[PDB]
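Depicted below, ampicillin (open form) in association with Penicillin-binding protein PbpB.
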Amino acid sequence: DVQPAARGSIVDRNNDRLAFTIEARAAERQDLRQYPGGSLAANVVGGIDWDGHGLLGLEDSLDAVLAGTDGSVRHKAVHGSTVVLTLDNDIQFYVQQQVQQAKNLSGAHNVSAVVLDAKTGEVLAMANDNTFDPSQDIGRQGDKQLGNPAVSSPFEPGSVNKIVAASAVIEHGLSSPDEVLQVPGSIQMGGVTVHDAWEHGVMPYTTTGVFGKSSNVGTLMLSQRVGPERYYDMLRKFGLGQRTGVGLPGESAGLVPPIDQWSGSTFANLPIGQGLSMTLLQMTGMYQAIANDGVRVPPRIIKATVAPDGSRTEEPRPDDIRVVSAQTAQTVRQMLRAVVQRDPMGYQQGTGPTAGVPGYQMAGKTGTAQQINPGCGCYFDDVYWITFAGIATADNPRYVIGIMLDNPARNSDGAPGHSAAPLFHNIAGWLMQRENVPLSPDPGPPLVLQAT
Ligand SMILES: *C(=O)[C@@H](NC(=O)[C@H](N)c1ccccc1)[C@@H]1N[C@@H](C(=O)O)C(C)(C)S1
Ligand SMILES: [Co+2]
Ligand SMILES: [Co+2]
Ligand SMILES: [Co+2]
């Protein structure tokens, strides 16, 4: 009497299969969910329950699309539609592996990474370490990551948030990359005292140097030019505090205190990335806006669906959001090249020189945010979220890469320190090689971070 719907498959952007059903035997007919890549993108894909319906991930959030409706004899069975993700399996595989070995080499509690297409915001890779294997019983995998922290688990961003301040001082004509500043080693602001990660007297940092060296004091002085209203407006325009609508279950909205609830010290904290939280995806989406000439395209992982006949419907594109002018975006892309600039004299070196890839105008920003002590209601002194976000490349944005390390003892590559810059180096360099993207013989002249 019953005519069963055949579950749809989940494939990547080139129709490479992530999950698909085969017919088998034991009721007697029994359909088996196949996961050829095992753990590949399982944080996104999810896994099957006993009855062949989704248990978690997109298998469950898109179950109705994937499961179809059973027929009867008279009503025809509607077989499940196929879901085409924006993921590129080759990129996801490389990224997911690097993320696992960044966690191993650095001693972090977790490591995650997101790769966006610069112009379109599509999610080309989304990975975390320790990813469960959906071809195996979930109940034996309590020691595994069963979910998708890149969208579900916000953190305080620290210094990667400085893109907002930088975008606001440029867009509002309030400063320029080459402006020579005078930056003390500390200031009192909003009732509190803010210090730079190194002690120094008044330093002739350019605006380029404030972000390339990640001066908190410098960021805040430039932020006083913007004011709370214009800065809070730029936060909101950058997408923070609000879900992206990427199409993944369990997405968090993060957390931005609204301006009418600020305390006297909120403005002293937000421009340096403390006092607010965001997801890795929101973090990478901020850099997507800048990569896309100031136009933010909310990220999306569902590319299209194919009906049982074979007809394809593309997913509807989200509307553009104008965060900053194209001129502003280009100027911020170029400033951020200072973060990867190397200088043996130290003077004109940014915080993330290991992130540069020679022959390419790489551009990014490091961060080191303090985590909250759960048994205190106060910040740890030596527990951090490490964070990197970058664009490949400044002069021709193709890829946006966002990385977070949960409190590593070492670099992502195992060298001493605490930086995520080596992992951006690995992934961005590999993305350029595999597309045979051409080098550039001249990098331009070095950027000036520090005047006289
Ligand atoms: C942004 O991430 C800033 N970090 C801080 O002010 C932290 N409170 C801090 C953590 C650890 C040591 C010193 C300060 C600046 N950006 C960092 C980075 O770009 O990696 C920094 C360590 C240069 S300070
Ligand atoms: Co009927
Ligand atoms: Co240390
Ligand atoms: Co290298």
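Throughout, residue positions are numbered sequentially from 1 according to the sequence presented. Counting starts at 1 for both ligands and their atoms, following the listed order. Every heavy atom of this structure was used, including side-chain atoms; hydrogens, water molecules and symmetry mates were not.
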Which ligand or chain identifiers match ampicillin (open form), all copies included? ligand 1
Which of the numbered atoms in ampicillin (open form) are below 4.0 angstrom from a heavy atom of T366? 18 (C), 19 (O), 20 (O)
Are any of the N/O atoms in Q370 less than 3.5 Å from those in ampicillin (open form)? yes
My understanding is that we take every heavy atom of each candidate and find the minimum distance to atom 2 (O) of ampicillin (open form). Doing that for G367, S159, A420, which one comes out nearest? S159
Under 4.0 Å from any heavy atom of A197, which atoms of ampicillin (open form) are there? 13 (C), 14 (C), 24 (S)
Which residue atom forms the covalent bond reported for ampicillin (open form), if there is one? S159 OG
So, is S214 polar-close to ampicillin (open form), with some N/O to N/O distance under 3.5 Å? yes
Please list the nearest protein heavy atom to atom 12 (C) of ampicillin (open form) with its residue and the distance rounded to 0.1 Å. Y384 OH, 4.2 Å
Side chain, backbone, both or neither: the part of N216 lying under 4.0 Å from ampicillin (open form) by heavy atom: side chain
List the closest protein heavy-atom neighbour of atom 4 (N) of ampicillin (open form): residue, atom name, distance to the nearest 0.1 Å. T368 O, 3.1 Å
Proximal atoms of ampicillin (open form) relative to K365 (non-hydrogen, under 4.0 Å): 19 (O)
Using a plain distance cutoff, I'd like to know if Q274 has any nitrogen or oxygen under 3.5 Å from a nitrogen or oxygen of ampicillin (open form). no
Looking at ampicillin (open form), does any of its N/O atoms fall within less than 3.5 Å of an N/O of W198? no
Heavy-atom contacts of ampicillin (open form) within 4.0 Å: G158, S159, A197, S214, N216, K365, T366, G367, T368, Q370, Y384
